[PDB]
*Asks:* 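Here you can see furosemide bound to CDGSH iron-sulfur domain-containing protein 1.
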Number of protein chains: 2
Amino acid sequence: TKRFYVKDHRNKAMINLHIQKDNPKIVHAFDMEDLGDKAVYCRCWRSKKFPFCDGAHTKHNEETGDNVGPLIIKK
Amino acid sequence: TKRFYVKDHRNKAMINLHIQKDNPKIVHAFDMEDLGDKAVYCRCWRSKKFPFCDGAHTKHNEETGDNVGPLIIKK
Ligand SMILES: NS(=O)(=O)c1cc(C(=O)O)c(NCc2ccco2)cc1Cl
Ligand SMILES: NS(=O)(=O)c1cc(C(=O)O)c(NCc2ccco2)cc1Cl
Ligand code: FES
Ligand code: FES
């Protein structure tokens, strides 16, 4: 049967679970001029160094089956 | 009682639900030189123009109670 399967539905789960929860919409804005050679930005909301990627996405992806990863601005 | 409350637990929900699901870890990398005056990057995995923000985060935040928003690289 399909009695164990949750049918297709509009998502209700949060993405960010703990970061800056007194801020109603977390936005970051950086000037290119202040960036060094490389900046690696977190898109999974699990990094301890958010907004910078710290490799936490690997645990997120393994535990949930997801496929997210960071955004890189270089040169 | 607390019979309606889901206790604190390690997350199991995905963040990305539909984007590039044949890619096992979605990473984007851009050279500053190719960026114009402003780039607004999606961190919610709902944008129709992912990896660029299209304001979909507003619906995500309203429907789930979350507080995520984009990453801006300017100048
Ligand atoms: N697309 S990938 O697997 O080769 C890749 C993957 C990753 C990754 O971290 O998975 C990455 N992050 C660099 C980093 C991590 C912490 C600080 O900088 C960069 C790249 Cl190019
Ligand atoms: N922190 S905020 O509420 O003032 C803000 C909020 C947003 C926002 O979209 O919520 C934003 N996005 C600009 C955009 C949207 C689509 C293309 O560029 C920029 C800013 Cl500075
Ligand atoms: S730690 Fe979040 S994308 Fe790498
Ligand atoms: S649409 Fe995803 S952060 Fe704006």
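Reminder, nothing fancy here: chain letters follow the sequence lines and each chain counts from 1. Numbering of ligands and ligand atoms starts at 1, following listing order. Quick note: numbers below take in every heavy atom, side chains included, and nothing from hydrogens, waters or symmetry partners. Going by what the header records, the deposited coordinates were determined by X-ray crystallography, 2.0 Å.
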*Asks:* Mind telling me which chains or ligands belong to furosemide?
*Replies:*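 The relevant parts are ligands 1 and 2.
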*Asks:* Judged by heavy atoms, which other chains are less than 4.0 Å from furosemide (ligand 2)?
*Replies:*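 Those with a heavy atom under 4.0 Å: A, B.
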*Asks:* Do me a favour and list the nearest non-hydrogen protein atom to atom 18 (O) of furosemide (ligand 2) with residue, atom name and distance?
*Replies:*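 The closest heavy atom on the protein side is B:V40 CG2, 3.4 Å.
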*Asks:* Hey, looking at atom 9 (O) of furosemide (ligand 2), which of B:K38, A:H28, A:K25, B:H57 has the closest heavy atom?
*Replies:*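 Minimum heavy-atom distance to atom 9 (O) of furosemide (ligand 2) goes to B:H57.
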*Asks:* Are there protein heavy-atom neighbours of atom 5 (C) of furosemide (ligand 2) below 4.0 Å?
*Replies:*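 No, there is no protein heavy atom closer to it than 4.0 Å.
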*Asks:* Applying a 4.0 Å heavy-atom criterion (strictly less than), which segment of B:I72 is in contact with furosemide (ligand 2): side chain, backbone, both, or neither?
*Replies:*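 It is the side chain that touches furosemide (ligand 2); the backbone stays farther off.
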*Asks:* Measuring from non-hydrogen atoms of B:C53 to any atom of furosemide (ligand 2), is the shortest distance under 4.0 Å?
*Replies:*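 Yes, B:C53 has a heavy atom closer than 4.0 Å to furosemide (ligand 2).
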*Asks:* Hey, does B:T58 sit under 4.0 Å from furosemide (ligand 2) if you only count heavy atoms?
*Replies:*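 No.
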*Asks:* Show which atoms of furosemide (ligand 2) fall inside a sub-4.0 Å distance from at least one heavy-atom site of A:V27.
*Replies:*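 In order of numbering, the contacting atoms are 1 (N).
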*Asks:* UniProt [2Fe-2S] cluster-binding residues in chain B with a heavy atom under 4.0 Å from furosemide (ligand 2)?
*Replies:*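 Sure - UniProt-listed, with a heavy atom under 4.0 Å: B:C53, B:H57.
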*Asks:* Show which residues surround furosemide (ligand 2) within 4.0 Å on heavy-atom distance.
*Replies:*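 The heavy-atom site around furosemide (ligand 2) is A:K25, A:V27, B:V40, B:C53, B:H57, B:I72.
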*Asks:* Distances under 3.5 Å, N/O of furosemide (ligand 2) against N/O of the protein: list each pair and its distance.
*Replies:*
unit_1	atom_1	unit_2	atom_2	d
furosemide (ligand 2)	10 (O)	A:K25	NZ	2.8
furosemide (ligand 2)	10 (O)	B:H57	NE2	2.8

